[PDB]
Amino acid sequence: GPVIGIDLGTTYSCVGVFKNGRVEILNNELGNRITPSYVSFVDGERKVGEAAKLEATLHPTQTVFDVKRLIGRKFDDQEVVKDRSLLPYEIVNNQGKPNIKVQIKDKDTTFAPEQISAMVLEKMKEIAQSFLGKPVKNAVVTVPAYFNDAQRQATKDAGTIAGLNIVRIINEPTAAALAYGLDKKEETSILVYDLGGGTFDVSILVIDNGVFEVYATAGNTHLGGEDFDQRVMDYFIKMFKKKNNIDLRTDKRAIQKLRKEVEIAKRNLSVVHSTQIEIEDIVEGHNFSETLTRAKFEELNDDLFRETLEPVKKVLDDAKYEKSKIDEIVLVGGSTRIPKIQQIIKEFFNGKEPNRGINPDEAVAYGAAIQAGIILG
Ligand SMILES: CNC(=O)[C@H]1O[C@@H](n2cnc3c(NCc4cccc(I)c4)ncnc32)[C@H](O)[C@@H]1O
């Protein structure tokens, strides 16, 4: 049978196959290589991916996401207490563990995190099956290096529910190191800087004669590209109020349309210096039309960008490493395409350039597919 590779991310998943000596990262049915890790339970229908994420605006309590934050944890863990206060869907205490409670045709229905992760895995499986034109029973799935045995087992149990035998769990730093094809000979120390949509992770990964070991991990569980978008949102909501006497927060639809254009403007500003954010009738009879510059984008987010260095100092300290001891810096996550992020890391490493890919959102799934290939020989 085939073995596919799946990056089960906090905010998104990504699936790759190894076939005819190449890794193919697969498109979902909307033509995207990244699928939002969302599941909606509205109006007697269950949706997974972007179609579910679009329900979050009008049905926030029925639109489940960020389940990776809960999986294999305890209801009373300090992190889960925080996540319950942030997440808009109901989380209940089932015998010491967080479960998700929603309604299906008005009936209360409770799910383990691994039942919701299983639905994401099922969708990635179906993309692979369609593409390979055969059934898929086996996968390599990625986890964060800091995941404990209960978090790993809960991820494997998600696979079993989705009809996937997870033949190997590999950590996200190792997957990145496989994708970038880092030389496995001799000893090299690698700083893997992973800045995603919602989470920041940094790891020191040591490769020694083909053996991969994560010597230290740190991060910020509530720092990612979505926060940079929110800083921009906050700025233009204040401006629109000043100019128009309209508080766009009073209209949830207006906020949804703004967040979509702000996320595009942010991407543009990784390449250009100035971009237009435009929504016709953001509310009836009022257009939104603004310019954002890279300089203002950076100014709005500079403290968040610099916060990413605090986990870098922590892993260098935990590992008793000098900065010079790092041989190579590898960037993962779309947010590492931000020029200021790259500059800040370079300058922290007293001038050393970070290695980055071209598709840093897909590098982990790519490495998971390589690992699948490695396992089949
Ligand atoms: C969607 N998944 C994520 O991990 C996050 O990654 C962000 N994300 C993707 N892509 C980005 C970008 N792209 C410009 C670009 C394009 C090509 C080359 C170069 I240099 C630069 N800029 C800034 N954040 C970017 C998203 O906005 C989420 O928050």
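Note that chain A is numbered according to the PDB entry, with residues 28-404 shown in order. Header lists the method as X-ray crystallography, 2.0 Å. Each ligand, and each atom within it, is numbered from 1 in the order the structure gives.
According to the PDB, the drug located at ligand 1 is piclidenoson.
Here, the chain sharing the greatest number of close atom pairs with piclidenoson (ligand 1) is referred to in the PDB entry as Chaperone DnaK. The closest heavy-atom contact to atom 5 (C) of piclidenoson (ligand 1), among the options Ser362, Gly252, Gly360, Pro366, comes from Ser362.
For atom 17 (C) of piclidenoson (ligand 1), the nearest non-hydrogen atom of the protein is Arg364 NE, 4.2 Å. Each of the atoms 4 (O) of piclidenoson (ligand 1) lies under 4.0 Å from some heavy atom of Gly223. Distance from atom 14 (C) of piclidenoson (ligand 1) to its nearest protein heavy atom, with residue and atom name: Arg294 O, 3.1 Å. Scanning the protein for heavy atoms near atom 2 (N) of piclidenoson (ligand 1), the closest one is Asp388 OD2, 3.2 Å. Regarding atom 25 (C) of piclidenoson (ligand 1), its nearest protein heavy-atom neighbour is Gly361 O, 3.4 Å.
Among the atoms of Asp256, none of the N or O lies under 3.5 angstrom from an N or O of piclidenoson (ligand 1). The organism reported in the entry as the source of chain A is Plasmodium falciparum. Closest to atom 23 (C) of piclidenoson (ligand 1), if we only count protein heavy atoms, is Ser297 OG, 3.5 Å. Residue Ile365 touches piclidenoson (ligand 1) through its side chain alone, judged by heavy-atom distances below 4.0 Å.
Of the heavy atoms in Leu296, none comes closer than 4.0 Å to piclidenoson (ligand 1). Here the heavy atom of the protein found nearest to atom 27 (O) of piclidenoson (ligand 1) is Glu290 OE2, 2.5 Å.
Nearest protein neighbour of atom 28 (C) of piclidenoson (ligand 1), counting heavy atoms only, is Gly224 CA, 4.0 Å.
Contacts with piclidenoson (ligand 1) closer than 4.0 Å are made by side-chain heavy atoms of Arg383 only, the backbone lying farther away. With non-hydrogen distances under 4.0 Å, the site around piclidenoson (ligand 1) consists of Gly223, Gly224, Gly252, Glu253, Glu290, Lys293, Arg294, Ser297, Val298, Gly361, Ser362, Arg364, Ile365, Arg383, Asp388.
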